[PDB]
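Quick notes on the structure that follows.
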Amino acid sequence: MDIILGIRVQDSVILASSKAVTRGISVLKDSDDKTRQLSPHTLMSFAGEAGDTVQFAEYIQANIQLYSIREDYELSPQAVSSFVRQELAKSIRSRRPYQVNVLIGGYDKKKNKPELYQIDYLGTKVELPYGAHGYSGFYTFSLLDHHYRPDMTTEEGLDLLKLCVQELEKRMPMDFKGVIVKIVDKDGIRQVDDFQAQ
Amino acid sequence: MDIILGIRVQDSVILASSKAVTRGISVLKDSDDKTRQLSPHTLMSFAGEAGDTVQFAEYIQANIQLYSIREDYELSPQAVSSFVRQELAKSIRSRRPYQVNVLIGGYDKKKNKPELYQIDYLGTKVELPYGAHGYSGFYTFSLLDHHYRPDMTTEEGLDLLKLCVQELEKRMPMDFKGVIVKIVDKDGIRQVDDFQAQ
Amino acid sequence: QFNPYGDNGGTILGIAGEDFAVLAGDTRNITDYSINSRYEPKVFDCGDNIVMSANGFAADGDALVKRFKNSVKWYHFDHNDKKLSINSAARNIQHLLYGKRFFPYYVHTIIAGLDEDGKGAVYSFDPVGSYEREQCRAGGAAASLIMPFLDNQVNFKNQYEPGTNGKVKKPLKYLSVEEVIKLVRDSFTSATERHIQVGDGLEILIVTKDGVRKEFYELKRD
Amino acid sequence: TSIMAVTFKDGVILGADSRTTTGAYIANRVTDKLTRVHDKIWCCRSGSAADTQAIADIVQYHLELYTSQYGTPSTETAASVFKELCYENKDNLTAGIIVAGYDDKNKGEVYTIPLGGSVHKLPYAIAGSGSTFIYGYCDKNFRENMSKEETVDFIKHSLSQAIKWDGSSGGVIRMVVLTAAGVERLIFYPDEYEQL
Amino acid sequence: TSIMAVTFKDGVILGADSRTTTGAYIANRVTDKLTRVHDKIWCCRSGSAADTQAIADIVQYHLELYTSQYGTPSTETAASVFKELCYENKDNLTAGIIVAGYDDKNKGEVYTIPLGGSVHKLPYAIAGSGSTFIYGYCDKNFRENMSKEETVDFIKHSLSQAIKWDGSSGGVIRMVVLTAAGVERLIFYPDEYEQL
Amino acid sequence: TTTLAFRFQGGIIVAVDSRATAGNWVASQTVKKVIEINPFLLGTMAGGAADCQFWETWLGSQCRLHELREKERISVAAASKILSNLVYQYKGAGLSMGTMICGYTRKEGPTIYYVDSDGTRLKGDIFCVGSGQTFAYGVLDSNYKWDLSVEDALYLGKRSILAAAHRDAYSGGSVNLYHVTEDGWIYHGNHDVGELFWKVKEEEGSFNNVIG
Amino acid sequence: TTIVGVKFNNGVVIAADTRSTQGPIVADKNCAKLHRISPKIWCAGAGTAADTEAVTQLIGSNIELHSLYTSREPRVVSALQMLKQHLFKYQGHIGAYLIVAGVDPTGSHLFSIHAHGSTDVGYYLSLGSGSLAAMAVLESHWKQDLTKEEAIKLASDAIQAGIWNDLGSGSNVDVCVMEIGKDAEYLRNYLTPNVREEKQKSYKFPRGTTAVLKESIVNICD
Amino acid sequence: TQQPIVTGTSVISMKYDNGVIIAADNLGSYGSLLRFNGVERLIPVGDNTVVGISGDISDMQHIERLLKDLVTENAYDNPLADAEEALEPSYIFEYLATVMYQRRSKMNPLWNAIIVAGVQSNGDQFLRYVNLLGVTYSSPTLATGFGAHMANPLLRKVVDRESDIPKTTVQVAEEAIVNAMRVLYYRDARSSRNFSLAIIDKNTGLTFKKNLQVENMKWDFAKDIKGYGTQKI
Amino acid sequence: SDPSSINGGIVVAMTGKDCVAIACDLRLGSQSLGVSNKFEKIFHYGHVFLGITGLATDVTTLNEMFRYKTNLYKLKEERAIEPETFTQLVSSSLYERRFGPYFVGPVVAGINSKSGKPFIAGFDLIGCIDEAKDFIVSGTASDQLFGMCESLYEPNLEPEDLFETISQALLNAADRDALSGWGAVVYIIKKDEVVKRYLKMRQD
Ligand SMILES: *C(=O)[C@]1([C@@H](O)[C@@H]2C=CCCC2)NC(=O)[C@@H]2CCO[C@@]21C
Ligand SMILES: *C(=O)[C@]1([C@@H](O)[C@@H]2C=CCCC2)NC(=O)[C@@H]2CCO[C@@]21C
Ligand SMILES: *C(=O)[C@]1([C@@H](O)[C@@H]2C=CCCC2)NC(=O)[C@@H]2CCO[C@@]21C
Ligand SMILES: *C(=O)[C@]1([C@@H](O)[C@@H]2C=CCCC2)NC(=O)[C@@H]2CCO[C@@]21C
């Protein structure tokens, strides 16, 4: 599977996602952005089955934007994640389930705290300081379990991730072509265009 | 599978072999040398099933060294390859066949010409200007079919390989951790310790 | 368990001339090692100067032809008796076939006629609707034995000008209906010798601006 | 299971063993395989106990409504309803049924509905695992127009043989006599038919 | 296949249909399933034609060598050799064999060797697909010490019934009579046994 | 099959082979693997012929309907998503298709979208689909430049298919070229691989291993 | 394949068709299914060609050695016992189905062996995919006390049934007559009812048509 | 999808100068058990058509009911039901063929092989076959199942091609057919000795013969056969 | 899976007037991947020629085996082996492996040095000899070869003519086979001389 990582620091949530898209024998793209902005302060990363992955992400995006217009309000991260969990928990018992795993990172403007949610394709949801999907957790969780601190600065979070990505690029068999990193905080979502060598 | 490449230029045979050894979820080693010197002017590269690979290579090495001592003579590359083909062709119909593919690169001191032999685990042997095993050929043969010339210098061969390795590192899904390159010519076998950036 | 499919053997051939087109097929219908009929027509005149054949699983081939003929009928009903051009028949058949994409008509279908410029035309179809206009196409049991022959004797493949050192290809002068019938007959007598499902009889339908004509020749019955 | 129906001079008789098994275990040793779908139209059940019961229950219902509207049904009509249910649902049923009825105009009649759902009118019929062993015996001893005593004897001997060889048959032999005189129930115990 | 052996007053008789099939096709309609392994020791073969032939050929060989050294073998001894081959090779054989022999001291004897390789000495025995249909008939009509004519009749009727119901049986009925008087071959055609 | 499409300064180059096989049997050496959706849109066909041919022709009809309704040329993004979403509706049914949707719109410029029957929709600069893809990628990757001329770009595509036609048993026949400009696509002929190989060999000096 | 055997008043005759197939392709249009075990003991084979052939030569070889050792003419029952015990041992894996006939010091014989090793005796027999067409004819025309000429006709007609009605059979009819007092006579191509008609055209190419890259002389003399 | 249970074997037929003949034995087998012997597998429809059916008997009985209804339905509001508008054999066949193919296409077939024999209103002979797959074909002779392998070769020796039809008389034809029935009783393990035969002649009409029997069989040579190779007695 | 469809390749032999010809393609692939365009499938031992299609490793092994056997034969017999004899040697050698056969399709061609009579023969993988008078085909494009031969062939062609015929049969059959081609070679054989010609063909 692809690399889906998330870390919640003091004032923001950081999501890192591999850029490779491999179809069989070839790597068709090395600049894929496995993320969708659900609202100004909520970002969702995803990995899973070929077509299902984007279709699901865009379907969720559409629904949140529609809610934002109807209510002229932005649902809290917790609210958006419960909506998403339910969508997957429905899908798990349907004719052809969505095989998609997601990380939802958002900044709750009312609580003034960042939040990271992990939800697999079964609709299993949990809130964590950091999380991942697939094999990624296996190589990185021991590094995060060690260096993680609730008061880390965004800069410290990016350094801890870099460490994670290096471990991944060393022991993982596949070339995931690096990751795209995005920060979500009180001011929105921005992309760290410089991680190819930060 | 691993990367096994061979190119026969004007006065030498060059063999490039991936350094990674992956066992399931982890890359256990990134400095593996998938080669065995059969005699001063003959080198054999190999890829295939976990244990069979080395056991076969060493078994062949033993036999050639024994022949060299008994006769105080070095068998021609063609001779060593026919011996190896036969060993595999026997194995293919045994209780538990050797699942190993090899490239045999040697410099025939009597003919004063380099020779490259490709033999798969079935005992299929062919002599070529360049060859490979596994998927490697799929990404590289179009590059070799294009730039290959019978009068290439060893330096031109190394540049053509570098090109092949780059294509491999771009489109192939797996991280094979680079290659180890060896040259075989009238003066023996030497390793190009500088290909990590040649 | 019940298998909804079967193989009735047979072989068909379609060749497009400059201003004519032929569609031939043996008349043997088989099941395994038995002959069901030594004469069971497989190439039909569907009106509007269009001949068609759906070879493979006869029940499917019959349904398709029957369904297409009925399509021609309604085409007239719905479009003030307009003539169904062969290119239009082709697209139509593609849809008939693709409609059963998930429970296909197990047949290789070929139609012949004249295009809108009076030129000879052959269209061969895939069991699920894929189609292409072609010069000549054999379909069915002996298809593999006949195509190589046609590539050589109709498109002069691999044939060069004597003395040119294979530097000059043999010119593609085009055949008359009489010369095409010869190739067709030889194609089948040869196929009859090497394939056990080919024989008994050969029926050819020839299409020209004057309509559809039929010729019949016997084939070995063993 | 061993079941049979035999037409004779005064009508027809039904017979059966009284064994229902689940593997080698005898779940019921006093089963009644002779089921009534109408006053003078009965059936013999073999195959699935659950399926044959459900089938019979439905036929009885159908014949009850038939009677309410058009009077007493012919034995042929009863066999037709059974047939309809067995043929149309052949994929989900395992029911071998023999229909036997007494008409005043037609006297006794026997219709056998085997597994596929086909219908066969015969002078007499046998069915069930135990029947295979008495094909020869019955073919040699059956005669048309036998007396009530002879017919009871034929059934008694035939079934005792079927019960003898077939582990899937046993218990007692039950019989139902259908004649103009009415409906008679007969039973024969081991100690009697085993030493015949 | 339908085969049987019956002991009687003067010895024993063997009988069989003459059909060998390969699916629904009759490969041979005049097959001889009555095989001689010794002058007055014969066998009835059912199951695999290839297996039963190979078995018989070997028993005949064994009994020939036995005779050369110890004189005429007892019917029991012949059955024992068959048994040895069938039991010890039960995994690779499909052979149902009935051994029948005439001894002067023992008169007629019948040993049946079913699939597993077990041996069973009986007054008479039946086997093969067709036998299932005549279990009841035979059990009801067999009697010990019957005359040659009665025994031929019993076999003729029994087999004709087996042939009647079993598609795997047919052709003619062959019989072999084994008595002190010698060895007699009998054959009965369709037109005769079909209307019995 | 071998099909490719790449973006560059002069628009988009589209090149395909023309071989059809069923097992080892060569059904045809003259098959069309490019569908002309309309004068501005091209589609490549890899995988199932019927599936690609059918749905890409249908795509054409949906695009036309769009332009009638919106009195405006349809975007490559939108045309590709119509196919993509249709295909996604059939996910699991067995459709088999690997495809490139190519166009040049004023709003988007040169645009290539990879669309397969798994439901994948990817926008990119270079794509190769088919059993010969790896061969074409080798040639393309080492000679591709955004500033290639329309003449050289066309040749690169033609050469890349040639490489694949040579090594891949399931590729060959002839090469079909296309150049896509904002004003529409321009067909650039049918090049028989047979003749093309010897010609390229001599003029280029490549394929030295083959005796000519 | 269609092979038959037919006894006549003073001997036996066996015959067979001449078609050899690989799946639906006719590999040999005139193979020979009649092999010799000894001068006067011949075999007709059906099933796996390599097996019928190999088995006929193995037992034939041993039958010769047995003959030489015993100073006697080989007997049909001997070839039959050697064949069946060999086939039995291989549990049907040697796909040989044979009709073995011949004359010897004890008379004239006709038998059949199946791959698994079982044998059968009769006055008329047939095996192979044509088995049923042939047998139908035999069941319809056989009678006891056939003359040599009648037996040949009957046997020959039986194979024709197969040639025409069975796709697994075709081409010609081979016969072999073994009479009690004379030499066995092998009649190769006793009937040839399937001659190919003259082609419609000649495909002789003009010399120089084929493009040649390199040419050289091959050395055969050491 | 189903599996046949009670089945009928071969159905043989051929056409002669003035009509067609068709036959089928009276057996209803149940696997290897020759269970039912009074089964008529020849269904006359009107007086110019006879439908012979092999395969699953329960389905045959269903085809029977369908045929009776066709006749009833054709009579409705049809003053020419017994004249210019009566059921032709080709109508009967096309109907059945239609049903057979629809049923296979719904993956629930009528497990049979059918031969429709008869004479068209203009005197033409009609002989066509249709089976559970909906496959159809015509030939001077037609047989189903076992008779396809053994009957066809015999019958074809009488009428090998179309031009032989006018040269074949009812006598010759009925003879060929009666002999074929004997051969089938010899080699088909699922056949009965009793059978029905029917002739549909453009002059004599429909002749339906019941309770025929295979006669004049050869079994005597059986006595001369003993052992399976070397045995002498 | 099918050992006979892994490497690809074809061979065809034809008889002419006092001559015989045997030809083959030069391809050796690994499924879809072309690997060698110089894998000749024709060999000879004395004046006897043997073509072999099928699994390449077995083609190589069999050639080595027959060289070995024909060498000892020459040493003992004191003469070179003949076509008819070699054919029997091939047959028995293959059958010897009846239940673990070599996956090949051999073809023998040559002229009897004493009778001058032309000879060709084919074998299935377990040695069954097919001795045709006209032509013999083998390989992944054998169906196509049968079609080509059955039509293009006529008896008693002269060497120069048979060359054209056999070459066109091989060429057009290979072009309808994904696994054949990449070069071809034709052997024209006469009592005294043997000419070997390489043909020019598509390389796709
Ligand atoms: C008989 O067919 C049998 C009965 O159990 C069953 C019970 C009641 C009425 C229908 C007949 N069916 C069975 O499955 C068992 C096993 C063998 O036969 C039974 C005894
Ligand atoms: C009988 O058991 C049977 C015979 O073919 C066989 C032939 C010769 C001697 C042994 C008995 N065996 C079979 O397999 C067939 C099918 C059913 O029974 C046969 C008729
Ligand atoms: C290529 O993808 C290929 C073509 O036959 C096919 C034909 C027309 C348009 C779509 C592409 N697809 C196939 O299934 C065969 C086998 C391998 O690839 C083919 C050559
Ligand atoms: C016949 O049995 C047949 C022959 O090819 C074969 C050839 C030579 C001697 C034995 C008989 N065997 C076969 O496998 C084919 C296919 C069907 O029957 C053949 C024609």
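Chain letters run A, B, ... following the sequence lines, proteins first and then strands; every chain starts at 1. Shown: partial entry. Contacts: counted within the shown part. These values consider heavy atoms only, across backbone and side chains, with no hydrogens, waters or symmetry-generated copies. Atoms within a ligand are numbered from 1 in the order they appear, just like the ligands themselves. When the header is checked for method, it gives X-ray crystallography, 2.5 Å.
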Name, as UniProt does, the macromolecule that ligand 1 contacts most in this entry. Proteasome subunit beta type-1
Ligand 1: drug: salinosporamide A (bound form)
State which other chains have a heavy atom under 4.0 Å from an atom of salinosporamide A (bound form, ligand 1). D
Considering D:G47, D:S169, D:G130, which one's heavy-atom position lies nearest to atom 14 (O) of salinosporamide A (bound form, ligand 1)? D:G47
With salinosporamide A (bound form, ligand 1) as the reference, which other ligands or ions fall inside a cut-off of 4.0 Å? none
Which salinosporamide A (bound form, ligand 1) atoms are under 4.0 Å away from a heavy-atom of D:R45? 9 (C), 10 (C), 11 (C)
Looking at the deposited structure, what residue and atom does the covalent bond from salinosporamide A (bound form, ligand 1) join? D:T1 OG1
I'd like to know the organism the PDB gives for chain D, please. Saccharomyces cerevisiae
Contacting atoms of salinosporamide A (bound form, ligand 1), where contact means under 4.0 angstrom from a heavy atom of D:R19: 4 (C), 5 (O), 20 (C)
Per-residue contact class, D:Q53 against salinosporamide A (bound form, ligand 1) - non-hydrogen pairs under 4.0 Å: neither
So which heavy atom in the protein is nearest atom 5 (O) of salinosporamide A (bound form, ligand 1), and how far is it from that ligand atom? D:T20 CA, 3.3 Å
Is there a polar contact, in the sense of an N or O pair closer than 3.5 Å, between D:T1 and salinosporamide A (bound form, ligand 1)? yes
Polar contact flag for D:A49 and salinosporamide A (bound form, ligand 1) (N/O pairs, less than 3.5 Å): no
Which residue owns the protein heavy atom closest to atom 15 (C) of salinosporamide A (bound form, ligand 1), what's the atom, and how far is it? D:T21 OG1, 3.3 Å
Based on heavy atoms only, which residue from the UniProt active-site list of chain D lies nearest to salinosporamide A (bound form, ligand 1), and how far is it, to 1 Å? D:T1, 1 Å
Mind pulling out the residues near salinosporamide A (bound form, ligand 1)? I'm using a 4.0 Å cut-off on non-hydrogen atoms. D:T1, D:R19, D:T20, D:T21, D:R45, D:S46, D:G47, D:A49, D:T52, D:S168
